[PDB]
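Structure of 10-1074 in complex with Envelope glycoprotein gp160.
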Amino acid sequence: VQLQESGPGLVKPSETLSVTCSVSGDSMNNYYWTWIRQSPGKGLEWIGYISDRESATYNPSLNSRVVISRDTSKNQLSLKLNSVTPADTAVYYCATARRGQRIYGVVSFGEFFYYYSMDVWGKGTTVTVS
Amino acid sequence: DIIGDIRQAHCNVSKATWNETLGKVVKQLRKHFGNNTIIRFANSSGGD
Amino acid sequence: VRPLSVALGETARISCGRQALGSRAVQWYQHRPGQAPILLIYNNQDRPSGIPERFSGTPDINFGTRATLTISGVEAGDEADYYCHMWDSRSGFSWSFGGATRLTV
Amino acid sequence: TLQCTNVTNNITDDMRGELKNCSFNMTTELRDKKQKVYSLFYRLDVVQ
Ligand SMILES: *[C@@H]1O[C@H](CO)[C@@H](O[C@@H]2O[C@H](CO)[C@@H](O[C@@H]3O[C@H](CO[C@H]4O[C@H](CO[C@H]5O[C@H](CO)[C@@H](O)[C@H](O)[C@@H]5O)[C@@H](O)[C@H](O[C@H]5O[C@H](CO)[C@@H](O)[C@H](O)[C@@H]5O)[C@@H]4O)[C@@H](O)[C@H](O[C@H]4O[C@H](CO)[C@@H](O)[C@H](O)[C@@H]4O[C@H]4O[C@H](CO)[C@@H](O)[C@H](O)[C@@H]4O[C@H]4O[C@H](CO)[C@@H](O)[C@H](O)[C@@H]4O)[C@@H]3O)[C@H](O)[C@H]2NC(C)=O)[C@H](O)[C@H]1NC(C)=O
Ligand SMILES: *[C@@H]1O[C@H](CO)[C@@H](O[C@@H]2O[C@H](CO)[C@@H](O)[C@H](O)[C@H]2NC(C)=O)[C@H](O)[C@H]1NC(C)=O
Ligand SMILES: *[C@@H]1O[C@H](CO)[C@@H](O[C@@H]2O[C@H](CO)[C@@H](O)[C@H](O)[C@H]2NC(C)=O)[C@H](O)[C@H]1NC(C)=O
Ligand SMILES: *[C@@H]1O[C@H](CO)[C@@H](O[C@@H]2O[C@H](CO)[C@@H](O)[C@H](O)[C@H]2NC(C)=O)[C@H](O)[C@H]1NC(C)=O
Ligand SMILES: *[C@@H]1O[C@H](CO)[C@@H](O[C@@H]2O[C@H](CO)[C@@H](O)[C@H](O)[C@H]2NC(C)=O)[C@H](O)[C@H]1NC(C)=O
Ligand SMILES: *[C@@H]1O[C@H](CO)[C@@H](O)[C@H](O)[C@H]1NC(C)=O
Ligand SMILES: *[C@@H]1O[C@H](CO)[C@@H](O)[C@H](O)[C@H]1NC(C)=O
């Protein structure tokens, strides 16, 4: 299910920044959809994921000003960036992950934690701010 | 400090072995409280 | 990014700076510049189908052992940066992706 | 008086304070000087 991303690559600073992502192959109902942005000079920075109850979690280092709306009509996962700074130039990556579970003690007490693994990744679309 | 995951203490008792050993108690409790009575156990009420 | 220089043939063992504080579920990623990252192994040893059956992770047992990854049988084209994603019971949600690892031959 | 802080906090579970990380002042060696020590206490042994 190679995802295709349609990014403009040219967004004026302090404006709206939207990046779409196709799914391709199969629908999106039992998969977790994450979004990772990598900026020059550093590594990738996980943003968040959306699935299940439609309550997408956001990174605590982004002020939660970004939103990840998952669509089902056209099967795309866009990004709505508001109040973006002129230093947001970074290539965005569209990939999904499966939520495994790790258990270390009695699971009835609550001794387990959820970890996500990115099974598939998209080539991404490089988008800057000008 | 604690070296590793922070888990909770707990005791384990067999569900079947406790179940049959608690039906032997209720059979003798019927020798002092009437052969035909409903005997129910409950958890401790209060105190230290 | 961090510097790690290797050569052809000899096996290489690479770990990540972050240290566990419980039961870990580390995963390793391959960020070849340009192409999308590929998951090498999750759950400390559970590589997905397609990845060559020569990258092996450290199993989680007898807490204390460092999470190191072996890339034995290195090839000439291995010039990417790796990523050790550490999940542990205590540290909570692992939002960060850790430090990269440049590969040079 | 101990300055206790939850060992886990935003670490796991509902932020339960089953364990507290309490730092306090005590006179180590000389009776004038007192240095800051700490220890792990259970929630059953510290009263706010
Ligand atoms: C009082 O009673 C209560 C209630 O009975 C007791 O509470 C229980 O206590 C025990 C002990 O603390 C807990 O055990 C933990 O279980 C977890 C989870 O195990 C389950 O899930 C595993 C994975 O499931 C996934 O895959 C399967 C397909 O394989 C899939 O169907 C599933 O949906 C899911 O996707 C299963 O593999 C596992 O099977 C095991 O148990 C079977 C019997 O049930 C047995 O027949 C199997 O052969 C197998 O042994 C089970 O279904 C365990 O993960 C955990 O152990 C891991 O974590 C500890 C923490 O350090 C670590 O030391 C262990 O080595 C082990 O870590 C290995 O596995 C990790 C997960 O795969 C992996 O990430 C690690 O890297 C590591 O892998 C390496 O080591 C293993 C070890 O040999 C090796 O096999 C690998 O190949 C590799 O080398 C705990 O054991 C119970 O959860 C808990 N509650 C219940 C309800 O049981 C309490 O203990 C009692 N107390 C007293 C005092 O009596
Ligand atoms: C309590 O622990 C003992 C061992 O310390 C357990 O005895 C084992 O029971 C299993 C049955 O599932 C046998 O296969 C083993 O051979 C037994 N081991 C020994 C050393 O006797 C016992 O099952 C445990 N009971 C509970 C309720 O946890
Ligand atoms: C015994 O069990 C009962 C119920 O299983 C517990 O009753 C609770 O008591 C608290 C008061 O502290 C009430 O607020 C709850 O509403 C009660 N629960 C129910 C279901 O009625 C009781 O706390 C338990 N006591 C012990 C010592 O185990
Ligand atoms: C309990 O709190 C103390 C602080 O009083 C912690 O000690 C610090 O731990 C950090 C991280 O390991 C170190 O960088 C500091 O140097 C430590 N300071 C001192 C004075 O020891 C301790 O780690 C805490 N323990 C637990 C289990 O949370
Ligand atoms: C332990 O004692 C030190 C002082 O020796 C306390 O630190 C002082 O805290 C007061 C709080 O009003 C400050 O005004 C002082 O400037 C502090 N002195 C320092 C930091 O050298 C500390 O709070 C005590 N800790 C306890 C009692 O748990
Ligand atoms: C086993 O437990 C059930 C309820 O949990 C009880 O009705 C039954 O009588 C028990 N069996 C014996 C043999 O005591
Ligand atoms: C059983 O019931 C009879 C009722 O006839 C009663 O007399 C007796 O005390 C009860 N308990 C026994 C027989 O152990």
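A note on names: the letters A, B, ... follow the listed sequences, proteins ahead of strands, and every chain is numbered from 1. Heads up: this isn't the whole entry, just a piece of it, and contacts are only counted within that piece. Note: hydrogens, waters and symmetry copies are ignored here, and every other heavy atom, side chains too, is used.
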Which numbered ligands or lettered chains belong to 10-1074?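 Short answer: chains A and C.
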Which other chain letters have a heavy atom less than 4.5 Å from 10-1074? B, D
What organism is listed under source for chain B in the PDB header? Human immunodeficiency virus 1
By residue number, what is the epitope of 10-1074 on chain B at a non-hydrogen cut-off of 4.5 Å? B:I2, B:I3, B:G4, B:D5, B:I6, B:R7, B:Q8, B:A9, B:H10
Give the paratope of 10-1074 towards chain B, heavy atoms under 4.5 Å, by chain and number.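 At the heavy-atom cut-off, it's A:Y104, A:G105, A:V106, A:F109, A:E111, C:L21, C:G22, C:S23, C:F63, C:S89, C:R90.
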Find the name attached to chain C in this entry.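 Entry name: Antibody 10-1074 light chain.
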